[PDB]
J.: 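Structure of imatinib bound to Mast/stem cell growth factor receptor Kit - open in front of me now.
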Amino acid sequence: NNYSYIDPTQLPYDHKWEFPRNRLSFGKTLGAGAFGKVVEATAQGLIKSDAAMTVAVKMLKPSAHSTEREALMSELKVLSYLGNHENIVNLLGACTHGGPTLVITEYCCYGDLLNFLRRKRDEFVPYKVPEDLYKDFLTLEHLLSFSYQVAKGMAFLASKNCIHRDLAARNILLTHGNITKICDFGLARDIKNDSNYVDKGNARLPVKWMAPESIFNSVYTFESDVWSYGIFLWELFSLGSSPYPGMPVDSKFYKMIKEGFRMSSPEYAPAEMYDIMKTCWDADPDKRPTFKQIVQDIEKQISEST
Ligand SMILES: Cc1ccc(NC(=O)c2ccc(CN3CCN(C)CC3)cc2)cc1Nc1nccc(-c2cccnc2)n1
Ligand SMILES: [Cl-]
Ligand SMILES: [Cl-]
Ligand SMILES: [Cl-]
């Protein structure tokens, strides 16, 4: 089962979310996997004054089977259960009557964070971008803010007993004002053809982001998400590089993780952020920081840079 602690079969779908599907107008695909996709759409009458707005809509493809139909309804129940939160992609509505399940969220102006970092990598500026302000250079200040916002969103998920299990820059969205939103593409990512997912047993898993207890024992906990957040930090401060660069996931990789090999600091990581990474990758889950502790650590770093 994919729910470590919460039980979505006992969580109620709040009908306040229900939206008439005929008021959606579908546009371009934002991401697609084997069985699901997310599309841009315009929603009419979602706003009380009958102004139009752009949203993102998740739906299954005709390729989908009963398992995926149940999974999408479970996902909707979990998002409804989580409720509103500024660091999580905002649920706006859903369509459950009169057709297949549709899940409607806000549209995030700048897309996923991994591609944003790669797009901005070549013009990154560590300190002090004035006359150059119009270019919207990526700065160290932004990276610290991203780390802080994702940690705050993850502390929220943990406070709801929710385990992400695929925390990574590809599952962070960026909107106006350098604001991040944790999401989960899930079935709307083509993991079959994504080299960041690796065949393990009968599954395709994000092995380079996974804690050892998740790889070898299929254990998913608050503490295993913290390990993934450590890998996410490495992506962030390497400006979108793939982790363990040049290492295939093979028997040698699993042995090195078990033996205690860990990545060195990426080129742009402040020492105190690498400190967080190292503690997130402790072999002992009980010695990793909590997300709440990470939030307090990074908040101090941000106030000390200013
Ligand atoms: C339209 C939609 C429907 C559902 C979701 N779902 C989630 O974001 C999500 C996040 C966390 C959980 C919690 N869950 C707990 C259990 N573990 C195993 C999985 C995660 C569930 C759903 C997002 C979206 N939004 C979305 N998804 C992908 C891309 C985009 C997008 C892309 C580009 C521009 N703007 C938006 N927008
Ligand atoms: Cl469906
Ligand atoms: Cl969960
Ligand atoms: Cl060190």
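Using the numbering of the PDB entry, the residues shown for chain A are 566-694, 756-932, in order. As the structure lists them, so they are numbered: ligands from 1, and atoms in each ligand from 1.
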J.: Which instances in the model belong to imatinib?
T.: ligand 1
J.: Could you tell me the residue and atom name of the protein heavy atom closest to atom 30 (C) of imatinib (ligand 1), and the distance to it rounded to 0.1 Å?
T.: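 Result for atom 30 (C) of imatinib (ligand 1): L799 CD1, 3.6 Å.
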J.: Does any N/O atom on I808 come nearer than 3.5 Å to any N/O atom on imatinib (ligand 1)?
T.: no
J.: Atom 4 (C) of imatinib (ligand 1): which protein heavy atom is closest, and how many Å away?
T.: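 It is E640 OE2, 3.3 Å.
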J.: Nearest non-hydrogen atom to atom 7 (C) of imatinib (ligand 1) belongs to which of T594, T619, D810?
T.: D810
J.: What atoms of imatinib (ligand 1) come closer than 4.0 angstrom to any heavy atom of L644?
T.: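 Those of imatinib (ligand 1) that fall under 4.0 Å from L644 are 4 (C), 5 (C), 6 (N), 9 (C), 22 (C).
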J.: What part of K623 sits under 4.0 Å from imatinib (ligand 1) if we count only heavy atoms: the side chain, the backbone, both or neither?
T.: both
J.: Hey, does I789 come in under 3.5 Å of imatinib (ligand 1), counting only N/O atoms on both sides?
T.: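 Among all N and O atoms of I789, at least one is under 3.5 Å from an N or O of imatinib (ligand 1).
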J.: Tell me which UniProt ATP-binding residues in chain A have a heavy atom less than 4.0 Å from imatinib (ligand 1).
T.: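 The overlap, by heavy atom and UniProt annotation, is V603, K623, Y672, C673.
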J.: If you measure every N or O of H790 against every N or O of imatinib (ligand 1), does any of those distances drop under 3.5 Å?
T.: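 Yes, since at least one N or O of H790 sits under 3.5 Å from an N or O of imatinib (ligand 1).
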J.: Specify the UniProt domain of chain A contributing the most residues to the contact with imatinib (ligand 1).
T.: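 It's the UniProt domain Protein kinase.
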J.: Closest UniProt active-site residue of chain A with respect to imatinib (ligand 1): which is it, and what is the heavy-atom distance to 1 Å?
T.: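 Measured on heavy atoms, the closest UniProt active-site residue is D792, 6 Å.
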J.: Check the UniProt Mg(2+)-binding residues of chain A and list those with any heavy atom under 4.0 Å from imatinib (ligand 1).
T.: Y568, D810
J.: Give the other ligands or ions lying under 4.0 Å from imatinib (ligand 1), by number and name.
T.: ligand 3 (chloride ion)
J.: Just heavy atoms, cut-off under 4.0 Å: does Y568 contact imatinib (ligand 1) by side chain, backbone, both, or neither?
T.: side chain
J.: Which neighbouring residues and nucleotides define the binding site of imatinib (ligand 1) at 4.0 Å (non-hydrogen atoms)?
T.: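 At that heavy-atom cut-off, the residues are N567, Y568, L595, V603, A621, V622, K623, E640, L644, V654, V668, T670, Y672, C673, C788, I789, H790, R791, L799, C809, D810, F811.
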J.: Considering only N or O atoms, set out every pair between imatinib (ligand 1) and the protein closer than 3.5 Å, with distances to one decimal place.
T.:
| residue | atom | partner | partner atom | Å |
| --- | --- | --- | --- | --- |
| imatinib (ligand 1) | 6 (N) | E640 | OE2 | 2.8 |
| imatinib (ligand 1) | 8 (O) | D810 | N | 3.1 |
| imatinib (ligand 1) | 17 (N) | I789 | O | 3.0 |
| imatinib (ligand 1) | 17 (N) | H790 | O | 3.0 |
| imatinib (ligand 1) | 25 (N) | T670 | OG1 | 3.0 |
| imatinib (ligand 1) | 35 (N) | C673 | N | 2.9 |

